[PDB]
Undergrad: 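Take a look at this one; I'll ask things after.
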Amino acid sequence: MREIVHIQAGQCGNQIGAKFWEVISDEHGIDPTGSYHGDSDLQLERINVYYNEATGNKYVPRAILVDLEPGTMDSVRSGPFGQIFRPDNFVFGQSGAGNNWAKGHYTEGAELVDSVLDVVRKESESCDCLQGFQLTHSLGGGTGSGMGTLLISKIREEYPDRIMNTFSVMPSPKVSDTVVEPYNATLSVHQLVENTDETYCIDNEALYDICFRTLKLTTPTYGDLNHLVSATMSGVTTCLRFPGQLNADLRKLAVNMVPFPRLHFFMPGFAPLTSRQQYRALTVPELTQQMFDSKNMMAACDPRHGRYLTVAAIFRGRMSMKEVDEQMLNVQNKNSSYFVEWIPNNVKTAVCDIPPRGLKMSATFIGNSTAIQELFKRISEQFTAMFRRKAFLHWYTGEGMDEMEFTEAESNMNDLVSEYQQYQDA
Amino acid sequence: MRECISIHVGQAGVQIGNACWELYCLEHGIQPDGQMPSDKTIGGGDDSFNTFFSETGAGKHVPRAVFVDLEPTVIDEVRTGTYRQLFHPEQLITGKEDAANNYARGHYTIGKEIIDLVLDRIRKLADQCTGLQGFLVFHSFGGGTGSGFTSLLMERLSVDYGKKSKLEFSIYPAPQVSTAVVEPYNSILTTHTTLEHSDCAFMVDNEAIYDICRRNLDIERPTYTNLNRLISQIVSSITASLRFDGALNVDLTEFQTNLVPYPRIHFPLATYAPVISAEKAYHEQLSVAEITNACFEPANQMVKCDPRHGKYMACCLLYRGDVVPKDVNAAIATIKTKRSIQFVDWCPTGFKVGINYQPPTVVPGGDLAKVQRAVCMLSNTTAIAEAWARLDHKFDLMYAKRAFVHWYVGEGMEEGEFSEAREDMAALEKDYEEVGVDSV
Ligand SMILES: C=C/C=C\[C@H](C)[C@H](OC(N)=O)[C@@H](C)[C@H](O)[C@@H](C)C/C(C)=C\[C@H](C)[C@@H](O)[C@@H](C)/C=C\[C@@H](O)C[C@@H]1OC(=O)[C@H](C)[C@@H](O)[C@H]1C
Ligand SMILES: Nc1nc2c(ncn2[C@@H]2O[C@H](COP(=O)(O)OP(=O)(O)OP(=O)(O)O)[C@@H](O)[C@H]2O)c(=O)[nH]1
Ligand SMILES: Nc1nc2c(ncn2[C@@H]2O[C@H](COP(=O)(O)OP(=O)(O)O)[C@@H](O)[C@H]2O)c(=O)[nH]1
Ligand SMILES: [Ca+2]
Ligand SMILES: [Ca+2]
Ligand SMILES: [Mg+2]
Ligand SMILES: [Mg+2]
């Protein structure tokens, strides 16, 4: 049993995390009360990766829910699968973090973090063989961003030999709550550069544009964005949750995907993306082409603007593996220039027989592309436009931060951008 | 949790307080005796309206509010009027002798005799909160109590509650309803003294409100009652996020993050729509597009100034009633392609939107039509410094001859405090110039 411990923090983190557990619970045949009602042994074979077994053959998510205000976790608890979570794994304060990284990381978050670590330890202690951790959060707010990265640092201190994986929602001016999001995101990215092994970068503008342009949703909601993210998270974790050879655990995945320690930020993608023709059969060739289509990717970065260091592709459903191999080989052989030539055979493909609910087949894309630098450049530009005038800084210096820490975060992310550029030219 | 305590100071603060609390009661279904049939939790709760109302075991919903005035006759009308049962007598605090339109008497001579009592009463409200968020302070610029006692109170609150948030609703003077020649002195003194102690201040220009009543409601000669009902609708729009829940509801503190780029630049411009009479509203539904467009009409601003001649550092739209994002987004798009909306270069240009679904309410015997939807825009614009400029100039005219200054010196003040206050205002005006200049 290679247990993963899941953590979800702040508003974004808990809303997406709740949807994620809804989605994979349905895949494993777990109902809202933790009872199993599936019809396939494939569903239970690796169920212990994400679920603990309670008395009465109940399955309980190995999940810790964290926030600095009670509202979103109240909603989670009142939601569809809200009763499936362990009540003691709800850890929350009352004062909130005010969309402020400093409040999350240094003041409000600091008061709460030990109680979170106590629950993390309790979950880790019962693991037969802990793989590591996966955190869901946004980078643009205060709790997920500031307290989330505080958590990651303390977890690394207590579990230095375990893998740390995040699903990190990057802010965009187009789908924005506050003007200080670029401050919060820049502060957090430096934390992630040092303390995660794998980070899936989800850009809210990409999510919005997929909903509006491709799915024809006239007025996308956070709820719509979150179902996209949930479907993607289900796809990217398929290899962890079902029998398989490739990327079957967090460490083997990292060894395959991360050739240089700092360059561990992935662009995920999902297919099919279909507007409400929705009954039309999908072919492997069509899955493959859409999976690699920039329009199906979620970092708002143009892959043709860079090069792939490594790629993992996961196909789900009953389909010809012969055709999958053929189609995957075709994509690499016909656009070979976008794959760095100094990492031979850097595209790995996995197939899982169980498709997502309500689909005959689907495909999920994980790319380690140097084009991700565009995302960090955007954040850096927005950061500097304000910081050059020290605008909105008083929210942070009021929590004890000084300007030098912002200067260092800025330099750190520009270093990261430079590091991507050198391998794009290599 | 998240309690807010309101403090109403002097005649303007108290009478505006009357109008707001009456309106809140109507919005939440609270009777004048404080009973609220719809509230099924007796004697407590953590509902949204509990941010502004505590509850007794006898089912009374009591404003989290203190009324303070240095003479008794305005607050006596609260003590003896329609909503008298609403307030515990200890929440209504009066002295015998007012500040005679003199900041020095409000802050020093008369104010010092009652400030400890007022703080004790506030502490009693604070002690009943489980997560006090901060204070909302209502007062005029021009009166002796509104200016001088408010300053003293804000200073003492900083000491006793530290950096707990303090927001103001400040009544900026207009000649049509002003009662003292020295109101510009009082305004500059209190603005200087309170500046470091306030996190955010919503100025309400009596002349702007006076004009709106005359023009939009066809009121020949607006009374304070007319002015105050309008002001309470605007105050209610601003506090609605605190008092109601909802999926699309955005907390005031979240708008505040965007509205205050530097501590001293903390004076948002409020614009409210629709202000329309019953006779004009009948059979004439005003859409989301129409009320949104009206926010960029200067005639509808709470402070007279011209944003078309300034730069924006933030734009927030607070909707209430029958409003969905689809319609808001379309309305904003139209506006961006037709309006004088220029932002400074160091600020993002997106409009921040909040929607509260509870529809607007009106008071019986009022001038405003009951509408299905309304909006309050809160913008941070360099144009608001026009208001300071006008006041600072009246100050300069009188102070050059030291007119009326002996009234202040006689109560213990020094000329040094006047020039210090006026220099702070000059620096503020300069701060507003500087934030508008492009980055190099
Ligand atoms: C908006 C499109 C909705 C449905 C489409 C017709 C498609 O459905 C089928 N059956 O082909 C799906 C796969 C879309 O292509 C997806 C982009 C929809 C998607 C994930 C998110 C939307 C943004 C969001 O509004 C959401 C509430 C709408 C529909 C979801 O209930 C669809 C199901 O969600 C899943 O998690 C599984 C993958 C699978 O069971 C899927 C059928
Ligand atoms: N909008 C509004 N303005 C008012 C009201 N009452 C007074 N004002 C304005 O407030 C200023 C005068 O200050 P007041 O609040 O009356 O004075 P005070 O705070 O009671 O101070 P003293 O009487 O000097 O102790 C003038 O600009 C008036 O026009 C009111 O009910 N509504
Ligand atoms: N995709 C998605 N993004 C969200 C959601 N809620 C907030 N955000 C984004 O997250 C950032 C705000 O952080 P949030 O999680 O609300 O703050 P926190 O509660 O302090 O962590 C902004 O970039 C928002 O656009 C959500 O439910 N889904
Ligand atoms: Ca604390
Ligand atoms: Ca109650
Ligand atoms: Mg939020
Ligand atoms: Mg008076």
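Read the sequence lines top to bottom; their chains are A, B, and onward. For chain A, we keep the numbers from the PDB entry: what you see runs 1-42, 45-278, 281-360, 369-438, in order. We number chain B the same way the PDB entry does; the residues here are 1-440, in that order. All ligand and atom numbering here is 1-based and tracks the order in the structure. Cropped entry; intra-crop contacts only.
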Undergrad: Can you identify the drug or drug candidate present at ligand 1?
TA: (+)-discodermolide
Undergrad: Tell me which macromolecule has the most close contacts with (+)-discodermolide, using the naming in the PDB entry.
TA: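 Its main partner is Tubulin beta-2B chain.
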Undergrad: Write down the other chains that contact (+)-discodermolide with heavy atoms under 4.0 Å.
TA: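 Chains with a heavy atom that near (+)-discodermolide: A.
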Undergrad: Which is closest to atom 2 (C) of (+)-discodermolide by heavy-atom distance: A/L286, A/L217, A/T276?
TA: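 Nearest heavy atom to atom 2 (C) of (+)-discodermolide lies in A/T276.
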Undergrad: Have a look at (+)-discodermolide and work out which part of A/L275, if any, has a heavy atom under 4.0 Å from it: side chain, backbone, both or neither.
TA: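 Both backbone and side chain.
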Undergrad: Is the closest N or O pair between A/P360 and (+)-discodermolide shorter than 3.5 Å?
TA: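 No.
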Undergrad: For (+)-discodermolide, indicate whether the residue A/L371 contacts it via side chain, backbone, both or neither (heavy-atom separation under 4.0 Å).
TA: side chain
Undergrad: Taking a cutoff of less than 4.0 Å between a non-hydrogen atom of the residue and any ligand atom, is A/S232 in contact with (+)-discodermolide?
TA: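 Per 4.0 Å heavy-atom rule, A/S232 does not contact (+)-discodermolide.
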Undergrad: How far is atom 25 (O) of (+)-discodermolide from its nearest protein heavy atom, and which residue and atom name does that atom have?
TA: A/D226 OD1, 3.1 Å
Undergrad: Okay, for chain A, which organism does the deposit list?
TA: Bos taurus
Undergrad: Find all residues with any heavy atom less than 4.0 Å from an atom of (+)-discodermolide.
TA: A/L217, A/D226, A/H229, A/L230, A/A233, A/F272, A/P274, A/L275, A/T276, A/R278, A/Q282, A/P360, A/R369, A/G370, A/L371
